[PDB]
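This entry carries metocurine.
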Amino acid sequence: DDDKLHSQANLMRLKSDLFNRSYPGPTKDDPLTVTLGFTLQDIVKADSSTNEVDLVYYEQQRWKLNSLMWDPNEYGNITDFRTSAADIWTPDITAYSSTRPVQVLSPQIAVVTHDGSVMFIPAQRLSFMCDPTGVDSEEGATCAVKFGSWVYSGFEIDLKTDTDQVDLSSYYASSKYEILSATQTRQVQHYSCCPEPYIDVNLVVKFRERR
Amino acid sequence: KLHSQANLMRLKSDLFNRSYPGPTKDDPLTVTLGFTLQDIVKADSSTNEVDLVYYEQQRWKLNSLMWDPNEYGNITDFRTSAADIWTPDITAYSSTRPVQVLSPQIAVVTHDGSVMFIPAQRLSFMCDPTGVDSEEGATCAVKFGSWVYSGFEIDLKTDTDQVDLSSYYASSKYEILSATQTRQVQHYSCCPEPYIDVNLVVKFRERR
Amino acid sequence: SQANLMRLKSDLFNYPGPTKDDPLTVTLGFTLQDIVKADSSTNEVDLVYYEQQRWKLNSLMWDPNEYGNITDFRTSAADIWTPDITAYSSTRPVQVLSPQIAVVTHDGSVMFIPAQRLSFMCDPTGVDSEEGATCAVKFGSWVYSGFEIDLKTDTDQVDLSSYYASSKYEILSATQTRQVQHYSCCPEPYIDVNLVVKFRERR
Amino acid sequence: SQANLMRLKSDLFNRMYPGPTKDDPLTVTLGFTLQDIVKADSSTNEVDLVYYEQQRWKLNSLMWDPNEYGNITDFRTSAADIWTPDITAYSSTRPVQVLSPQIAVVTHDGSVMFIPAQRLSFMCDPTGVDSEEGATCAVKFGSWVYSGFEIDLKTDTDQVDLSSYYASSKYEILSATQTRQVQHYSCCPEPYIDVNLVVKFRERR
Amino acid sequence: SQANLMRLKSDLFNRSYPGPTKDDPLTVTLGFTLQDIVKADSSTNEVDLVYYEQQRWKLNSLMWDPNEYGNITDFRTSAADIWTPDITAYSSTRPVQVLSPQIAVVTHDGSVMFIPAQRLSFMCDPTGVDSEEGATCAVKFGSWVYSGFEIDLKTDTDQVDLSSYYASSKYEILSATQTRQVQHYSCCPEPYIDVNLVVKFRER
Ligand SMILES: COc1ccc2cc1Oc1cc3c(cc1OC)CC[N+](C)(C)[C@H]3Cc1ccc(cc1)Oc1c(OC)c(OC)cc3c1[C@@H](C2)[N+](C)(C)CC3
Ligand SMILES: COc1ccc2cc1Oc1cc3c(cc1OC)CC[N+](C)(C)[C@H]3Cc1ccc(cc1)Oc1c(OC)c(OC)cc3c1[C@@H](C2)[N+](C)(C)CC3
Ligand SMILES: COc1ccc2cc1Oc1cc3c(cc1OC)CC[N+](C)(C)[C@H]3Cc1ccc(cc1)Oc1c(OC)c(OC)cc3c1[C@@H](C2)[N+](C)(C)CC3
Ligand SMILES: COc1ccc2cc1Oc1cc3c(cc1OC)CC[N+](C)(C)[C@H]3Cc1ccc(cc1)Oc1c(OC)c(OC)cc3c1[C@@H](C2)[N+](C)(C)CC3
């Protein structure tokens, strides 16, 4: 009950050291790479009257800041902590073809590790632009939606995925829709309009009515 | 009475302007979870969503919240807003829509440092209701647990294997065949932490 | 006189809820305005009503004589404690239709009357018959036991003087009744006001 | 310019009107501009309107003299910055949805103009809408918590402004009026004042 | 450098805009990028449009010398933290739904660029959308509270950007125009400015 009082005291001081003394977001001089991963849980609805499809997925977001690092030794072997997302800067990762505000299904809480890495995994329901024509056929339908920063250019936020394969191991086994394939791919595009690169992660999902 | 009010504000002030940042590997917390199913409102076989109304009883206990009632005018408990205290981030793992909260976000803290919080909710979750119009009915399942704490920081426990059905609405469109809540612990090659959840399985069918 | 009002509000504000030794009695009453919807596919009924709430606090007494003949004021419900009155068989969050503003009287009584839309559990079978349908929903505190909060009605007649004359549904009767319940599981009384409405398709 | 304005506001907002009282009652003028009858639902007896509600009142505690403030005669301010009346429809079926910025104009004479655009669902039986006669519905507007002892209401005209009514609405407008009324109930000594919005309308042809 | 930015932000905000006035009017630039007509409801005559508005204005109190601040030329700030123009649709039938983060980019010249993505329901008779010639609807945008003496609204370009319009929408766009309109009304000596967006569209 004195180890425990002492360990709490260490956590509160770490959080005050990082949060109260000592983040404006990335700049071209100090750019940030966010690692993104999708875990598709369900294609919930495919609306052929409006060409909207609703997905439920988790989005794992990961980045690393020097100003969040600390030494576990000065803070009682604390190697990580949970904190509300409002306590830290988080990337404005946004779907570029959503048709309604994304609905958050999970607690807005992040895990900060001693080397400055942050991991934040919002579960979400998204309506996005998609013609589901062909979903009732063997070859199925294909849709795509890009994710990336809304306001930071490619000189300030970069992105990558650890694999092209969307994680399907939690995909709902009785969904109305069967997944034929689902890929997530970093894409850098150059436009003449603009000297900065446009970076996004493209999520391509091919699916059909479960038979 | 004007005195008991004085003692309540003082207790609160002592507990809340003196010194709890959430559980850690060094200071883990056991959350006891129990479900009371009130209604299955809707089963949608076009999207495989089912809507439940249920109560989620959450209980945990902290040293930082204990007091001696003798020192505070015999006060043995008090109510406080859930924003005022740490609460566990218990979450359904296969919801299809944000849960809608039906009850006041206020908890009851007891002098032994136990907290009870009972959010009533309507939840849409993933569920194929095929067979609901048959004798055998349909079965669905949804896992609840911490979103961000592993089994190293929050352990979950049930007080019973049975979901409380005694308040189930007797004129629901659906009748309950069985409703159980089973703690489960799981490990993955990738990761060293245990993951703990409570699996809510409900078998149900169209009322006769 | 505006002078006088700010000074009273000044004096009074500068109440953390009831306790077992300082309990609170809340008076409830309902003004049924409309049965807007009765969905027989889900057994949900939607009602629009005013939830009349009143309680009295020692804290809020004053002399209309020490303050320019000011017998009452209005204040945002957000500046004051209000009881956590909740339906016990809603299916959706309640939607509030009116400003959240309370009226405090010099006798220390607070009146707060939100108009609200509520979906609750109700089988409307029989609504297209002469006998019509009958549904019930109970209201009461969610987090205060009957040791800290008690309830009462001023009358058992639901106020129907504002019932919408052209609703799809006519009201055959509507009663509001304080209930006290005891259960073996639990050592506090369960107190609530039960609203029972009998109604049928208008003809 | 901005120094004068930032001073004005600091002065007015730092030297708060606690609402009207019986001793100092307030008159609020209301008028409606009806834009559209968006939907009429005959299964639930709910009609939806989109309108602008012009509210206007006048406080002594919001007067200033322009020459002490660089010839400023008016300013725009967030409506959460000032008291605004709790004007409410008495028979809505869904929370009212606000379609415009919650910003008011204060003028040097202490008068305030606030004009929220709103969408409103309200209790209305649309029977007869598919006929030449049309349907008729009414909704009353007034203060939720102030009786006629603290808030009096008025209109400048009892004709609803239809000059902006949408030309290709599903529903044509036959007439629309806004009438101040004073009610006295046996229960209560206070007068209750409202503006009654009555609309007749039919399916456009 | 992370510190140069953390100081620039201090100087501008927590060390000093009550919006525009008749003596200090603001020019605001508006342009539309249309992304999807999602739905046209002929039972209620509403159409739902997903689109972006590019807003741009320049303020003196947002000027700074780059070489006094680490060669920082621009930054990103939350739109809640700066004044932003009250640009509103004059005939929407439901509150706007915001699809993107509400973050503006401020440049050293004091210019501000803000690009909200939104879904907007507005009044629109879709009669004709199932025929070769389509249906035509219009929606005007402008300040709700500031006349043309306080906010002077202009288009950035004369053209609606259709380059990112979703190719597999239920509805094809046959044309879309954006045009600044000035009107004098008899209540008031001030000019009133809006930008009218006119869209002709039909079922794909
Ligand atoms: C200068 O502006 C742009 C440059 C380039 C494009 C759009 C542009 O339009 C805008 C983009 C963006 C914003 C505002 C825009 O206008 C005011 C704000 C937010 N960011 C900066 C993040 C992007 C977000 C963003 C939004 C739309 C977008 C790409 C990025 O559109 C595209 C697609 O996705 C829908 C797509 O997918 C298959 C394929 C293509 C495009 C666009 C790409 N076109 C057609 C040109 C080529 C092919
Ligand atoms: C220990 O728990 C309970 C004990 C007793 C009951 C419910 C219980 O379940 C809960 C009740 C309550 C809470 C949480 C509960 O679970 C953890 C939190 C909020 N309070 C404390 C305020 C009540 C709110 C409340 C909620 C449900 C409720 C009664 C009160 O259900 C009933 C009815 O209304 C739905 C009803 O109507 C005819 C008739 C009856 C009941 C219940 C009463 N049964 C069936 C048992 C007997 C008859
Ligand atoms: C917060 O305060 C109120 C909020 C809302 C209203 C009155 C209010 O004020 C009082 C209510 C009450 C009292 C005193 C009040 O203020 C000193 C004394 C006792 N109770 C607590 C029981 C109610 C009883 C009560 C008294 C008056 C009353 C409604 C209920 O007024 C109305 C009507 O009936 C007269 C009526 O009839 C068709 C229609 C309407 C109203 C009122 C309702 N408006 C205009 C707003 C809407 C339409
Ligand atoms: C003084 O009162 C008004 C005078 C003039 C009009 C509306 C009026 O109603 C109001 C307008 C406005 C407000 C409040 C109003 O009421 C108190 C708040 C602030 N702004 C400045 C934003 C306008 C916003 C505004 C709102 C509606 C509006 C025009 C402007 O309606 C019109 C249109 O479509 C929206 C349209 O295009 C098809 C064409 C026309 C109109 C109107 C213009 N008529 C028919 C008369 C002429 C041509």
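All chains are named by letter (A, B, ...) in the order of the sequence lines, taking the proteins before the strands, and each is independently numbered beginning at 1. Read the numbers this way: they start at 1 and go in the same order the structure lists the ligands and their atoms. Just so it is clear, the values below take in all heavy atoms, side chains as well, and ignore hydrogens, waters and symmetry mates.
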(request) Count heavy-atom pairs within 4.5 Å of metocurine (ligand 1) for each chain, then name the one with the most as the PDB entry does. (result) Soluble acetylcholine receptor
(message) Quick one: other chains with a heavy atom closer than 4.0 Å to metocurine (ligand 1), which letters?
(response) A, E
(message) For atom 3 (C) of metocurine (ligand 1), tell me which residue out of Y51(E), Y165(E), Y198(A), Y191(A) has the closest non-hydrogen atom.
(response) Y198(A)
(request) Measure from atom 12 (C) of metocurine (ligand 1) to the protein's non-hydrogen atoms and state whether any distance is below 4.0 Å. (result) no
(request) May I ask whether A117(E) places a heavy atom under 4.0 Å from metocurine (ligand 1)? (result) no
(request) Give the source organism of chain A as listed in the PDB entry. (result) Aplysia californica
(message) Taking 4.0 angstrom as the limit and counting only heavy atoms of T33(E), give me the atoms of metocurine (ligand 1) inside it, by number and element.
(response) 16 (O), 17 (C)
(request) Under 4.0 Å, heavy atoms only, figure out whether metocurine (ligand 1) is touched by the backbone of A144(A), its side chain, both or neither. (result) neither
(request) Could you tell me whether atom 40 (C) of metocurine (ligand 1) has a protein heavy atom closer than 4.0 Å? (result) no
(request) Specify side chain, backbone, both or neither for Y52(E), according to which of its non-hydrogen atoms lie closer than 4.0 Å to metocurine (ligand 1). (result) side chain
(message) Contact between metocurine (ligand 1) and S163(E) is defined here as a heavy atom of the residue under 4.0 Å from a ligand atom; is it met?
(response) yes
(request) Measure the distance from atom 35 (C) of metocurine (ligand 1) to every protein heavy atom, then report the residue, atom name and distance (to 0.1 Å) of the closest one. (result) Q35(E) NE2, 3.5 Å
(request) Examine the proximity of metocurine (ligand 1) to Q189(A) and report which part, side chain or backbone, both or neither, has a heavy atom under 4.0 Å away. (result) neither
(request) Show which atoms of metocurine (ligand 1) fall inside a sub-4.0 Å distance from at least one heavy-atom site of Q54(E). (result) 17 (C)
(message) Suppose I only count heavy atoms of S149(A) and a 4.0 Å limit; which atoms of metocurine (ligand 1) are within that range?
(response) 22 (C)
(request) Enumerate the residues contacting metocurine (ligand 1) with a heavy-atom distance under 4.0 Å. (result) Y96(A), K146(A), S149(A), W150(A), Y191(A), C193(A), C194(A), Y198(A), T33(E), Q35(E), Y52(E), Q54(E), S163(E), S164(E)
